[PDB]
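A, B, ... follow the sequence lines: proteins, then strands. Residue 1 opens every chain.
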Amino acid sequence: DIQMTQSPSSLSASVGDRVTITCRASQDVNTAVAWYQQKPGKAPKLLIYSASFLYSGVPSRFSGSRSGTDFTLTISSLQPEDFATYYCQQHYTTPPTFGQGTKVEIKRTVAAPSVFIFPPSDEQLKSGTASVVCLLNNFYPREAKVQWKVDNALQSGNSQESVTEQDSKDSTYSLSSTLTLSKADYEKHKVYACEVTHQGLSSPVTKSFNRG
Amino acid sequence: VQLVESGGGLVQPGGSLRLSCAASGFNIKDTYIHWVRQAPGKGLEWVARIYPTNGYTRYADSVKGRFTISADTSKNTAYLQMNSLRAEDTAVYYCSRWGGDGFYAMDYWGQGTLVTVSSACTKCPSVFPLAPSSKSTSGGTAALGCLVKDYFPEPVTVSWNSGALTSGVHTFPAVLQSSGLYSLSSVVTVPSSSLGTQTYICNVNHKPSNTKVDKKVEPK
């Protein structure tokens, strides 16, 4: 199997920057290489065919080049909508092999999250369980710390986080943290709080509510 | 030109499943058809290919002896028969063509079909509102949403106001809870002044259990 060694695995650059993604084919594959762009939850889209030909409809800022066994995809002026995982593919021999992919992230100015807290619904409480949700909206960088405190007790092992993929227009992330307790455990406490630590915040922000 | 996959879903380990790839706007007899898969959070992996006119096929070593690709040229459809499915076969399966004037790359792909190889069973989601409150405001902007909980297998889709509300919407990637069931929230930031005036309804769809839920999210 001809390996397509893609590098780097991840990449972060500002808008307007020139980004270069390389694939070193372990064997000669002449110009039989294609480049694909994959947005989260979507099918890959063809960018470059035959190592250097721009596929119809693809912006001119994308370019492909071959230099022996090394192939490159260049985005001359990185745009916010270029957040995606890029993959090279050789089709010289069977099996057609894909590179491991390159995750391209867009650098932007620091943006503090807007924090929101959501108590469990009465419908869910009736059903005997309590989920408390904390939302961190539109922030940059991705690194954020969310701590749950139930009557000042730091919670551990009873919450789960989810982070959205970078926004294609404003380059921010969003995060949800869900604290799960039984209705019985939930009714034994009063203040439910989520404390957020982020680069855009002077000091940690706390959002909370009193049960009732 | 369009490629449309169907047939994905939950199947037990050792089980069998046949995926379909219905092509339109072109003749599959003129092109090669490929199957490419992607495990959750992983990269792309070519699985199989066929030349429908003469039925010549090729497979990846990871699926050889268990998967079979075929085609019905009158129906303009290709198939992926999967036998003895393993947990490692869980992935979104895409079909693709090798076409054009001289592209010889995969120019058109299908939307994909998720195949879950698990001994667990189907659970529809429980949908609860994430009500906008005084604790869900931030200077003229309120947040509201829906918690889509305890479903299996993936996926679920969420939309707001039948697709009329898209800006400010964030549907989070599902997470697997300790129970082995998925959970996610879909939130939207709206003007605080719209709370008692605009109606907000989340439309949840869980095709694996034929479930469609429309939950109205009211302040309180």
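The drug occupying chains A and B is trastuzumab.
The PDB entry gives chain A the name FAB Light Chain. Looking at the entry, the name attached to chain B is FAB Heavy chain.
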